[PDB]
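Input: a single structure, listed below in structure tokens.
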Amino acid sequence: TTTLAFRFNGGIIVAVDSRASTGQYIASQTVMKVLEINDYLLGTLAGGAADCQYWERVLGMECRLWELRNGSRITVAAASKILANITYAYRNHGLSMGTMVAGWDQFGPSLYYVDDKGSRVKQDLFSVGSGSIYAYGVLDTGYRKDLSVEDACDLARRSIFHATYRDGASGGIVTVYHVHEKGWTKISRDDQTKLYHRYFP
Amino acid sequence: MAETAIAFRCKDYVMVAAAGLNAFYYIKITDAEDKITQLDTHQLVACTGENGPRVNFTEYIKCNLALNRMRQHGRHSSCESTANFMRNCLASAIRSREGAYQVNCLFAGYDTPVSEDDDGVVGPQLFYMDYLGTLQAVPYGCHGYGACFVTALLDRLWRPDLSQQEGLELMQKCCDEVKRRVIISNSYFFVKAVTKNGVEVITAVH
Amino acid sequence: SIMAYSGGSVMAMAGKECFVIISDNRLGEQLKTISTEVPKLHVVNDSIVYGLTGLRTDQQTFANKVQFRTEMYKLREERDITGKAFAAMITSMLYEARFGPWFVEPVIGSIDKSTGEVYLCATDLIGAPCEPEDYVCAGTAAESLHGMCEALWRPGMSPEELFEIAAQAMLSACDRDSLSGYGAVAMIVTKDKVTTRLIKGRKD
Amino acid sequence: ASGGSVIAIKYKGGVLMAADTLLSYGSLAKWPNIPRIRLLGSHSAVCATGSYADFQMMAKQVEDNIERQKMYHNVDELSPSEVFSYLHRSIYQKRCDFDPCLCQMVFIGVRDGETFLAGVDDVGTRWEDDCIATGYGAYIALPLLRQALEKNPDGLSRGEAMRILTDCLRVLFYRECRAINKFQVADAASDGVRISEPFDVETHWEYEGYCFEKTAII
Amino acid sequence: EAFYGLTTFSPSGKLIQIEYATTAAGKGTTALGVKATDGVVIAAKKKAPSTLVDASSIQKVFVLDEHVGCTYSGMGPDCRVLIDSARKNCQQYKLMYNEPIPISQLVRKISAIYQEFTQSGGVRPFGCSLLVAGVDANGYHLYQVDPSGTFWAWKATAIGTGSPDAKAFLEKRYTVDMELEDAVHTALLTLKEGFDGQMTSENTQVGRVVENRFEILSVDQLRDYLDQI
Amino acid sequence: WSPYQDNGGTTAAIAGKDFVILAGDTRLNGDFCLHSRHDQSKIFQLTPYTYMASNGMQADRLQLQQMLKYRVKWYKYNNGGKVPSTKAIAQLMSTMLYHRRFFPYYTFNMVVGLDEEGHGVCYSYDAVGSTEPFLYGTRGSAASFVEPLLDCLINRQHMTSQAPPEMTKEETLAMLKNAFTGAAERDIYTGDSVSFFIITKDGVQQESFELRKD
Amino acid sequence: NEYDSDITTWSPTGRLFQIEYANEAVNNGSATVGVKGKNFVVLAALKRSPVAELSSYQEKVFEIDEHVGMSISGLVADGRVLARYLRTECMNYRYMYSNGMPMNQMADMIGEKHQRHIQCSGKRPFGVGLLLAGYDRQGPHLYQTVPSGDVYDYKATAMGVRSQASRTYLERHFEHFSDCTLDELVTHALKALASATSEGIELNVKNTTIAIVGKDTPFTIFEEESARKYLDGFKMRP
Amino acid sequence: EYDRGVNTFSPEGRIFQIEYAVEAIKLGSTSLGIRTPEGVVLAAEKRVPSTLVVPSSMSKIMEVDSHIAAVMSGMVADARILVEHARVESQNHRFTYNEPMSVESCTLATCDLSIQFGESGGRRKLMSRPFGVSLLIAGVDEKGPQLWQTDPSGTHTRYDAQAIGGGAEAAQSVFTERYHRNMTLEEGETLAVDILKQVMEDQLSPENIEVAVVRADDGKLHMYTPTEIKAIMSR
Amino acid sequence: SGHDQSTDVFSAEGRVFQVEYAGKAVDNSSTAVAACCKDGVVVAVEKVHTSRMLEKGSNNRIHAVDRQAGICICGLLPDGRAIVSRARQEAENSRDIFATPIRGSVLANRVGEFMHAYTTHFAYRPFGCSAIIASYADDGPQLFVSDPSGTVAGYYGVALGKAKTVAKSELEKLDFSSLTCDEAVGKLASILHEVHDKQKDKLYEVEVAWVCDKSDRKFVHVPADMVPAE
Ligand SMILES: Cc1nc(C)c(C(=O)Nc2ccc(F)c(-c3nc4ncc(-c5ncccc5C)cn4n3)c2)o1
Ligand SMILES: *[B]([O])([O])[C]([C][C]([C])[C])[N]C(=O)[C]([C]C1=[C][C]=[C][C]=[C]1)[N]C(=O)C1=[C]N=[C][C]=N1
């Protein structure tokens, strides 16, 4: 898993791989590592496959019940605090999950990050997973706040690829999203092997 | 312990400084994260530790000081009453189900007379704490890896009659020693100060 | 160990119509000095003075429960607590938590205001009552204090010359212990007065 | 106290089940005169390999269940397939309580033509076959029971299924340490379950290669 | 399980259930006590319903510990709950302070048992009063609780039937410097003037708390006192 | 004593355009012996359109098949007789594997059924419920033999050739026999006889097949 | 009448009125007729007719297991609390024994469920009657519980409002129920159910629920579509 | 009054507190529901106490999910806790079954709460009284548009056209005519606002009532605005 | 007044009416009889069927408690099934804990304490039932009757029900010392057909059950062809 996401002038772009390996055996190659929480939030997945898919389905239930009672959308500062209070409550139960929430509330963008130990941090630039250390060096070299929409989609798709190429626990099909003010759109969905003969023809 | 907190009190101010480093086992997540939580208008705490228990301990302390100002008609409690409420939460957590808070903190504050009948403390307050529940009022306290570099630095250079600028150039020497010997990259230090007019965020020393 | 985590040694001697009690001034975390001006003594009335050693988190929590119970004893019973009743009270407190035990070792010294009999008591961390008529001592330098106190004590001492023996016993034992030292704070107490003395020591 | 290997087989018309009458304690054979074949109700019987105290409390429980359902209400007696099902769910309940019934069991039962033969483990495994063996009879006696069911797929008669159990009990006496030569055979038919008087098998120890001078290590 | 209260307020503003219980606590036999400079005497009156009721078996002066005693006048079986809770609360004091209890603190504890049942759900108040007396580290004491929970600090008093005319006889006979032997002389004498027949050693029961100890007097030591008054 | 034990066997399924083929060998075995050769307790029917096909530990298999059996019955009673779909059952499976996360089942599951559209989809699970819809799936001891084999002949990858037409029920069945005759040769805990289930919209037909007995 | 307020109060004549008052709830519910044959039990419930076009639907007949089913009359809110208990105790049986629960055991289990609610002070009886339609190894069974805690084993019965006339019809044909086939056994149940209706209404597929359990037949509720084969040709002849 | 109990039957077979709670529905605002093969319309008067009330605060129509609406009558303080329970149940169904809860099973999840009342707690803490609110749940599912009513008896009943509240007896006579089973949704719009005009005492304005629909081809709940309610009046 | 509304209220003369009102529920119930026949005990009761369509075997008031004992109830049928399901639990305890069959005088003393414990508390009402314990344990043949007050007593014969006074005089003509279980089924059933009238009910049949040495000390019902016809 090499999930990353960054925040810039124009919204938030989320970019993942799609590989689930139980050690040296690859279990699957079409894993959706972005659970869309609703039509203006996103959540990402790293670590345990069942620990992420359970509690972000619990998180998608607490966000839907917010809109039923209060009649309005949930913020992202409330959405991660739901996920961080759940996570800190089970910190001695051996959970393994590292998740980013990204969305457009009424205060603009916000890109948070929740551990499996109850941490919650607020930056504009993350890269999580076992192969994330490869995705920093190509992203920190080319990141700037005022990127265009097409170049930041190119920087995200290219920064996943150089970590899927080097880490054994990362790879598959690079999925790029874009969180603008009206919600999120699936930008592209392409194989890593097809993406090698584009970047090095 | 990878991140240091440095605090010393003087005649009419208390300096605090806490490195804003947040890491994932060797990877720098941030460099500017505020770790000095403003509890009251004249009180703050500089907690160190990992980011899990550190927010959840400070939010429990801060929301209970505010609740004790709701139920008591906006009357601000003393700095010793806040500090003794804090170590009650450390000491009752080392003998509980969920486990001990892994937070090391330095409480700081200034005591003002709330009315004309108050004849309590007028001066500044600075309290050393621990993750177990140790509490000690101390002239200067330090946590982290670089604590022992700078506690013996303040053995050399701290004076009780330091001014606002003389203690400002002392804290600059405190921040430059941690950059010199500690292998952990602490580059931005978040210097704040507590005076008779409240808290203030010092921009110069970083 | 958890008992020698914070450092600090408290002892007490018994005299003719007086007793002494004396602690050091060090607080620490296994090698490093946290504070240099912290006593371990506590005074509840004009007859009983007790000292706690062990883990400093338990030295403050237990002393809050004692002050919660000593002041509640004075509201229910319209009288000051006596030495035999105070020592048997916090003997019971260390036995209720026998499987989750406190890491304190209280050194109780007391005297009768009207009679003039001294009463020493030093329990263990699990509440083992023990009343010697000569001296008690606990802390990290406790093995060094049983040699200093036993070779220098005699039963018939004046209050001025009992202080001189207890002070030379604390300092000579803290010059061999690397978890206790930095001066000493003593308190001689008779039927008529309480005198609190701070003693010069090595700053090592 | 611990029991030894238990073997069982179906024939044309009923089910047979044999077990030694020994109850060892480690290596010590304490009592050679206790019966291990308990029969359940009026159509079925169970026998165990493993701890005897676990079997003695379990079979006390499932015998009380057959009678009290039949005595109190105007219902039929439980079939062998339904009291084995209660026997299976009671052992699985004990391992989830971290206090299992530490023994393998062999269950037989015949109710008006429908023959039933199944076994159950301490964990909760259950299986049905035409030949069940537990203990070290699953290693020794069970290969001999399997070839004699496939050398005639029409089925074994009672006479030829009794020859091969005696051929299997004889090798269990040769090759299992914690065994004696005293065996009881249950016989569940359409008449009901019938436990026989204890017998023994004829053992041959007279090979010319077993003599003192051949097997000597000089 | 009937968790509602049985004792409530009246439109006059009075707890009418406790007013009925004080009538029940004044229909017992005459129990009394006097103090002195050297001790405190308590005196009872064992009323035998017949000659066949084993006067050496029934008792009304209850000893609570090595320094406290008691005597009731009211409902007998209601008193035994109070004495068994007072003997229990006095042993819990010695397992916690290594000291005899004061007479003040024991009477505060049993007054919290009267008031507990006047504000509980489904119970009625007690129908008996007591006469607690004993020593502690600050002299001699004689208290007297009520079924309301209201306790007093008397100096010479009496409870039961024939009590208001025996308490007036205690006003006329008390002196501030009465000795202990003078106290027993007048505690038995104020039983006689309201007594029906002729009091014997198996007919009354006294206990005089002396110097650390309560010590209910035996049938031989009380026979010494009857032929002296 | 250890409360976990692997009982061998394997299950494989290949889903088509309006059908699923579901298979699993009938072989129970313990510590070092062979308990049975005719255990039908490896593939369980929940609804007429959706099966579960699990393996691993035989004792926790039968417990999971019953708790799945009655949550379908409380679904049928509370919804007016409406039978649950494959997507509803397989999310029920994915939650109950996580409710017992700290004392879990030693089972490895496959929920196999048809869609609301009629297409067949197989799911797979770890010991704690990681689900994914996919066109095939192979669990058990011989999973590492067959799951790379199903990658090479269903996906049609790394072969510079045009795509074959859609697989029928017969060409899928004859393909899946080549895996179990391949797992009976090289896996010691697999193979006495494999039972094929063919789930179509007009009921289910059931076949058997013979493997090597050693 | 000061002996009718509480459930735990006997009359001075020895009657329990709160139990006798709950028995009037069953006599005010909709009429249902159970008829037992040789291998089949047929329940015929009378659900509510539409108000001139609009069709209100309310579920009375319940499936308990593959071999059990019941039809209620009275407080339908207590008829579903019984449906929660009966369905749970038939799942707990088939979990343990892997077979269907016998009807003589089950009729004795409903009667102790009615009995816990008729002796404590802060509890009330279930104001609802039942008609168990069961099949087991001993053949078909037809029971009927009342709010007193009784359970009666019938050959044929009828409970509901004006079900005395349906019971009068069944007391002339109950000797000829072990001889009829299934198609005649439905016909005796529907002729009985039609004599409890109003003065100007007859039966059709819009107001009748027919439930059949048998020997090779699980408990099947014949509603609107499949019920037409017994209800299109039907006339209540005098 | 406490001479009787809360579980005391009548000699006619009725429970006292349940029969006394049905009469509390007739002393409330009226509400409607019309099942049509394009959707279900839920009309309801608001019955404001004064003109100083903002009308967006006393919504008689509450959403349970995207596909289930609920309109009440009677006292609305008890109505909230039933809808706050139906929202929790219908989201636990999507959490467990990955599919929307059927309209029948959301009515059953409410009726299970509307029966749990007694006087002796013991093991469980019970309610002291039945709920004085009759809900009226509508929605669409795999079986299409369905209408349901929860009464304070605990009795759920599927309907085609049902009116609850004060103006309910007069509406059933209007329900007999003016309703065929294959109406359009817009014909179901103008049926409800003509009934709700007749059975109310005040002047029917767009800021006086509430109308919400759940369409079949859309599958989602669509509540109306006062500019949308006026367009139904001028037809 | 309010002195007969619950069980925890003694009267002005020391009586409890809700117990005595429960005794009128047995006196208005069907007729019960029993007999001890020096090798066993025979118990017969009359089932008053209220409809012609009741199945034969419905509303059997005789239930087997243990293999050797069984309780027939007289009074309310559903109230007596709480007594039967309790005395079964008392007999299962002696088999599972003490490894012995429950004695006849001990099973009856456990019934009389379960029926008495609901006559001392305000929240409970007494049973409308008289339980007849017929046992054959290692203390011989036993015949006990527990009334709603909780009073147990060993009898040689007993009549309970409406016509318990006429059927008691019909038991005084039997012997109980030379009486056997072979003849007494024909005798006791002939008591019920003479003590009971058909001018109130049309449907009445008898249900007889014994436990004796001929039935191998087992509490069984009759074979249907041993009972007299009318
Ligand atoms: C703000 C930030 N900065 C960084 C650099 C991170 C970060 O990395 N946070 C993080 C938190 C929790 C986790 F659980 C994980 C995580 N991701 C994984 N991906 C794959 C495997 C794995 N897969 C297959 C086989 C073996 C292994 C070990 C394991 N993990 N563990 C990662 O957060
Ligand atoms: B990513 O590589 O971490 C990815 C996580 C995503 C699916 C949520 N999957 C995995 O690599 C994990 C690795 C792992 C981490 C921690 C403990 C155990 C395993 N794999 C799985 O969780 C897994 C294993 N088997 C089947 C399905 N998923």
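Quick note on labels: first sequence line is chain A, next is B, and so on, each numbered from 1. What's counted below: heavy atoms across the whole structure, side chains too, no hydrogens, waters or symmetry copies. Both ligands and their constituent atoms are indexed starting at 1 by order of listing. The deposited model was determined using electron microscopy, 3.2 Å. Displayed portion only: the contact tally does not extend beyond what is shown.
- Most-contacted chain for ligand 2 in this structure, per the PDB entry: Proteasome subunit beta.
- The drug candidate or drug found at ligand 2 is named bortezomib (bound form).
- Every other chain with a heavy atom under 4.0 Å from bortezomib (bound form, ligand 2) is named here: A, F.
- Residues of other chains with a heavy atom under 4.0 Å from bortezomib (bound form, ligand 2): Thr1(A), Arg19(A), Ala20(A), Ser21(A), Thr22(A), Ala27(A), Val31(A), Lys33(A), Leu45(A), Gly47(A), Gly48(A), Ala49(A), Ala169(A), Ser130(F).
- In the structure, the covalent bond to bortezomib (bound form, ligand 2) is made by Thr1(A) OG1.
- This deposit refers to chain F as Proteasome subunit beta.
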